[PDB]
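Contents of the following structure include MK-5108.
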Amino acid sequence: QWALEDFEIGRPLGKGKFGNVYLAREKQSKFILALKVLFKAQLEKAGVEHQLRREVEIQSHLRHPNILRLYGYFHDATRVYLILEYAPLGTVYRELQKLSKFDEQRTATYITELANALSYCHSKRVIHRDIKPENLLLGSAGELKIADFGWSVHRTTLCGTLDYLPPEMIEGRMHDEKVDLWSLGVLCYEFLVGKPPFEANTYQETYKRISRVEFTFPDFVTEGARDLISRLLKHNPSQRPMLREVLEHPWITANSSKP
Ligand SMILES: O=C(O)[C@]1(Cc2cccc(Nc3nccs3)n2)CC[C@@H](Oc2cccc(Cl)c2F)CC1
């Protein structure tokens, strides 16, 4: 159905992994959107071509205000095109770099939006969202948009991004939606501190620190934040909180801007 000629392509928004993304406009409807270009050769070489295919298929049936909407996709012999919701304010990652760390209010609000999205995802049996700051885009009102279409990987090939992977994903082959509770904890930490909790010199050391749940807090992290993060970063996934509990955490309640 869709083809490149169905769109009026504008300026490049930026260069990402596997290709550029363009501000664009569907011809007939004049609807403004983002067009992500992905080169098949780079997808194959990076080992993520099958993940991307699965993700675009799953997410084509999903709709949530804090998930970057995927309107559709198409391909030729060379490239894959994603027709995406346009998120004007770019990645949370750039803001995190600019500011070094976020305050508790912006953080709790981000954690809220992420928790709502992940709750929706789980109801749809969609799990293990790679919600690292690079994959978090910003709507025109500063609302967070999960934009993970399966293009990061890390014997067995693991899906996602090392610093955010839970112990069960690195130690074993079985895991459920509780992995998304672990990620939420890493992100909350990262938001407040400026770096993820298990950051180490090498992959292997990161691999081991995650297994041991070996991390420390800086002194400035408040008690409520530490409490949430500590609950989220539990080794046994069965011991991790449910998303409802997160959304009703006193530190979240006391600090988030929205339900
Ligand atoms: O410089 C930046 O901030 C960007 C480009 C950029 C800058 C400003 C706004 C913007 N808005 C957008 N709305 C939808 C897609 S991009 N996009 C670099 C490329 C990056 O590429 C991606 C990253 C993760 C997931 C996805 Cl779908 C990506 F397309 C997006 C941020």
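We're sticking with the PDB entry numbering for chain A, so the shown stretch reads 127-280, 286-390, in order. When reading the values below, keep in mind they use all heavy atoms of this one structure, side chains included, and skip hydrogens, waters and symmetry mates. Order of listing sets the numbers, starting from 1, for every ligand and every atom in it.
Lab note: most contacts to MK-5108 come from the chain UniProt lists as Aurora kinase A.
Measured on heavy atoms with a 4.0 Å cut-off, the binding site of MK-5108 is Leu139, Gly140, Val147, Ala160, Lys162, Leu194, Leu210, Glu211, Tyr212, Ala213, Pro214, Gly216, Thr217, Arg220, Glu260, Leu263, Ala273, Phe275, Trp277. Counting atoms of MK-5108 from 1 in the listed order, those under 4.0 Å from a heavy atom of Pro214 are 9 (C). Of all the atoms in MK-5108, the ones that sit under 4.0 Å from a non-hydrogen atom of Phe275 are 27 (Cl). Looking at chain A, most residues touching MK-5108 fall inside the UniProt domain Protein kinase.
Shown in contact with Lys162 at under 4.0 Å from a heavy atom are these atoms of MK-5108, numbered in order with element: 29 (F). Polar contact with MK-5108: absent for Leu194 (N/O pair, distance under 3.5 Å).
Judged by heavy-atom distance, the UniProt ATP-binding residues in chain A that approach MK-5108 within 4.0 Å amount to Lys162, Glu211, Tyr212, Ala213, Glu260. The contact set between MK-5108 and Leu263, taken as ligand atoms under 4.0 Å from a residue heavy atom, comprises 12 (C), 13 (N), 14 (C), 15 (C), 16 (S). Interface of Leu210 with MK-5108, defined as ligand atoms under 4.0 Å from a residue heavy atom, comprises 27 (Cl). In summary, the atoms of MK-5108 found under 4.0 Å from a heavy atom of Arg220, numbered by their order in the structure, are 3 (O).
The residue in chain A annotated by UniProt as active site that sits nearest to MK-5108, with heavy-atom distance to 1 Å, is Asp256, 8 Å. With ligand atoms numbered from 1 in the order given, MK-5108 contributes 23 (C), 24 (C) to contacts under 4.0 Å with heavy atoms of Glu260.
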